[PDB]
Colleague: 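Lab note: caffeine/Putative ryanodine receptor complex loaded, questions to follow.
One letter per chain, A onward, in the order of the sequence lines. In order, the residues displayed for chain A correspond to 7-100 in the PDB entry numbering, which applies throughout. We number chain B the way the PDB entry does; in order, the residues shown are 7-100. Both ligands and their constituent atoms are indexed starting at 1 by order of listing. Because only heavy atoms are used, hydrogens play no part in the values below, and waters and symmetry mates are left out as well, while side chains stay in.
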Protein chains: 2
Amino acid sequence: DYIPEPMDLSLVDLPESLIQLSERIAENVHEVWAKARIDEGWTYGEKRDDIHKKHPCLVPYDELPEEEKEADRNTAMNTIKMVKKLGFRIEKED
Amino acid sequence: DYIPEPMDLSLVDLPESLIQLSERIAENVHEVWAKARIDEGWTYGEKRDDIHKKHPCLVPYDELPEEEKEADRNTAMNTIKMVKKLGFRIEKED
Ligand SMILES: Cn1c(=O)c2c(ncn2C)n(C)c1=O
Ligand SMILES: Cn1c(=O)c2c(ncn2C)n(C)c1=O
Ligand SMILES: Cn1c(=O)c2c(ncn2C)n(C)c1=O
């Protein structure tokens, strides 16, 4: 029986200017991931198949369902919130 | 026909102190996702099923294969490099 105990991020505040770019960050995070898989012989498939190297998320980011892009933008902001929580400043450059 | 064309992050340089925390960031990023999913009725399954909300990655982070932990650390780091290349400063708290 699995019960996740994440560290709480709900009070971590990021620059609005950073949240505004979360779509661009998720797309590129997706693209970097897809390049690596395709460079190692993965191809599009209906379900995740490690033994044959097939994955359904190997399509352009823009063609993903919006619920997935939503998950991906959340993960991108959760990552940076965890950075700030581990004690790093995040500031827009002048 | 899909050819990913990500932005090139190879020359983005992150503080080592932040790279040292890769596994902790990836673990919690995974844990926040699992908590969100389980709160919405998702449970473990052997393959992802959006309609019946089953997902194979709904296990503790520590129990994931090393190959997936590696992909998780690289994406956390790719997310942060993308943040730096969009013009934000990441520095240890002063
Ligand atoms: C589909 N997918 C993954 O499966 C994945 C990932 N990072 C780690 N993993 C496992 N990214 C960015 C991703 O898009
Ligand atoms: C398994 N999984 C996902 O499937 C996922 C995610 N972020 C977005 N997605 C879709 N994270 C962090 C994740 O661990
Ligand atoms: C760690 N991780 C995943 O494991 C993942 C994902 N999209 C799909 N998956 C499975 N993303 C964006 C992700 O960051």
Colleague: Looking at caffeine (ligand 2), which other chains have a heavy atom under 4.0 Å from it, would you say?
Modeller: A, B
Colleague: Hey, which residues are hanging around caffeine (ligand 2) within 4.0 Å, heavy atoms only?
Modeller: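 The site of caffeine (ligand 2), heavy atoms only, is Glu74(A), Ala77(A), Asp78(A), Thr81(A), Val35(B), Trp39(B), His61(B), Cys63(B).
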Colleague: Looking only at protein heavy atoms, which one is nearest to atom 3 (C) of caffeine (ligand 2), and what is the separation?
Modeller: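 Sorting protein heavy atoms by distance from atom 3 (C) of caffeine (ligand 2) puts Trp39(B) NE1, 3.4 Å first.
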Colleague: Going by the atom numbers of caffeine (ligand 2), which of them fall below 4.0 Å from some non-hydrogen atom of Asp78(A)?
Modeller: 8 (C), 9 (N), 10 (C)
Colleague: Using a 4.0 Å cut-off to any heavy atom of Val35(B), which atoms of caffeine (ligand 2) qualify?
Modeller: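 Numbered from 1, caffeine (ligand 2) contributes 12 (C).
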Colleague: Pull out every atom of caffeine (ligand 2) sitting under 4.0 Å from any heavy atom of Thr81(A), numbered as shown with elements.
Modeller: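 This gives 6 (C), 7 (N), 8 (C), 11 (N), 12 (C) as the contact atoms.
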